[PDB]
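Structure first, commentary second.
So for chain A, numbering is the PDB entry's, and the shown residues are 3-357, in order. So this one's X-ray crystallography, 1.5 Å, going by the header. The analysis underlying the following values was restricted to heavy atoms, covering all of them including side chains, and did not include hydrogens, waters or symmetry mates. Each ligand, and each atom within it, is numbered from 1 in the order the structure gives.
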Amino acid sequence: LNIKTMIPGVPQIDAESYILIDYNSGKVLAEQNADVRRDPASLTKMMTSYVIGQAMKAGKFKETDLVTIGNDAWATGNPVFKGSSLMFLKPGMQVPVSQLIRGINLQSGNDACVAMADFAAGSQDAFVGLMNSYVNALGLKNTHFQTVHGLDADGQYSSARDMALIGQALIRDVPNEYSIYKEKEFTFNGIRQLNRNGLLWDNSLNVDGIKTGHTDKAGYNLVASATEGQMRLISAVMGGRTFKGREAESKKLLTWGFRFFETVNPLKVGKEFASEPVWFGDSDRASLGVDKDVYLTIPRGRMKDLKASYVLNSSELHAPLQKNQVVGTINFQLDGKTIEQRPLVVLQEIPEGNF
Ligand SMILES: *C(=O)[C@H]([C@@H](C)O)[C@H]1CC(SCCNC=N)=C(C(=O)O)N1
């Protein structure tokens, strides 16, 4: 019992805040100061990429389309860019979207962000409006953007939790955009540029994202995501305190998560979990399940011990029953205790009887 019910100790993490979540279940595996508002620095570009990804998903433009660079995206024409990561765009260049988005995602090019913001939304301010609209849509409680890149934004902030949630949204909602993050290099204007995410080259993990950020003000920041088998984790580490820990602290969290936790998928949408009699219907019985795939994160090795059962909201089911009508709750249990609950819904509509 003692070894089965063990709660693992969390490694010490040399950073101001962090969080470790499961991508599929959303379970928070470990956290410290995860809601404290901090300078996001280049992590802001995750939201820039999310907006671009949404626009591309919507067919607003495609990767082959040429963007004509304007004055505001001219790297050496705007001292706000001094000492920052740049693609080195000049006005009059005609650059494919594919190249600009790799400038953003791999190189953290601040100039590329401006070029894409104007192309996608007409102005930087309108683009930032979109970024903040998605902050609202994603339910983020501790995030606000002022810039398309992270620079020159005194009232901009995010948090470890919110940055992990933006990472989750990238992978979930804009998978074609997310797929770019694992690319180790791209070439622009005859120069090869390497992805800044050093973890991509760590053989011991399968890291395929997401974004790094450093300013002297924000410290060292990293949102990472890695997979092992069925399982995908996302870590966000903000205000990393040393150069030597910039990838090491995140690696500590990810490796710890895979060692102690596992993700299970006990039920898919549309598959019967339970059946109940129904009154007044065109069928004698209601087929019951979920309207969203169930993922649970549990201690590693406890999968065989997982039990499921359900409760019903009402004594009797009466037709008409709508598809996806909520009629109860599924309880998932370990060691006799409910650890997770999901809504139990009608899978196939049952109208009133017609004879
Ligand atoms: C993001 O956090 C900044 C961006 C706002 O400029 C970039 C800069 C760097 S490293 C320094 C590059 N400048 C210099 N020659 C990073 C990084 O994550 O390493 N992010």
What's the drug at ligand 1?
-> imipenem (open form)
Name, as the PDB entry does, the macromolecule that imipenem (open form) contacts most in this entry.
-> D-alanyl-D-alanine carboxypeptidase dacA
Define the binding site of imipenem (open form) with a non-hydrogen cut-off of 4.0 Å.
-> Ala43, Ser44, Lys47, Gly85, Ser86, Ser87, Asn112, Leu153, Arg198, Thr214, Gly215, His216
Enumerated imipenem (open form) atoms positioned under 4.0 Å from heavy atoms of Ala43 = 2 (O)
Identity and separation of the nearest protein heavy atom to atom 5 (C) of imipenem (open form) = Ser44 OG, 3.2 Å
What's the shortest distance from atom 6 (O) of imipenem (open form) to any protein heavy atom, and which residue and atom give it?
-> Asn112 ND2, 3.1 Å
Contact (N/O only, under 3.5 Å) between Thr217 and imipenem (open form) = no
Among protein heavy atoms, which sits nearest to atom 9 (C) of imipenem (open form), and what does the distance come to when rounded to 0.1 Å?
-> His216 O, 3.9 Å
Protein contact of atom 13 (N) of imipenem (open form) - nearest heavy atom, named by residue and atom, plus distance | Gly85 O, 3.1 Å
Protein heavy atom at shortest distance from atom 8 (C) of imipenem (open form) = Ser87 OG, 3.7 Å
Of the protein's non-hydrogen atoms, which lies at the shortest distance from atom 10 (S) of imipenem (open form), and what is that distance?
-> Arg198 NH1, 3.9 Å
With a cut-off of 4.0 Å, which atoms of imipenem (open form) are near a heavy atom of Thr214?
-> 17 (C), 18 (O)
Considering only heavy atoms, which active-site residue of chain A per UniProt sits closest to imipenem (open form), and at what distance (nearest Å)?
-> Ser44, 1 Å
Deposited covalent linkage of imipenem (open form) = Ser44 OG
Just which atoms of imipenem (open form) are under 4.0 Å from any heavy atom in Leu153?
-> 5 (C)
What does the entry say the source organism of chain A is?
-> Escherichia coli
With only distance considered, is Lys47 within less than 3.5 Å of imipenem (open form) through an N or O on each side?
-> no
Once you restrict both partners to nitrogen or oxygen, which atoms of imipenem (open form) have a protein partner under 3.5 Å, and how far apart are they?
from	atom 1	to	atom 2	distance (Å)
imipenem (open form)	2 (O)	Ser44	N	2.8
imipenem (open form)	2 (O)	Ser44	OG	2.2
imipenem (open form)	2 (O)	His216	N	3.0
imipenem (open form)	6 (O)	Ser87	N	3.3
imipenem (open form)	6 (O)	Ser87	OG	3.2
imipenem (open form)	6 (O)	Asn112	ND2	3.1
imipenem (open form)	13 (N)	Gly85	O	3.1
imipenem (open form)	18 (O)	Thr214	OG1	2.9
imipenem (open form)	18 (O)	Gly215	N	3.2
imipenem (open form)	18 (O)	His216	N	3.3
imipenem (open form)	20 (N)	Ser44	OG	3.2

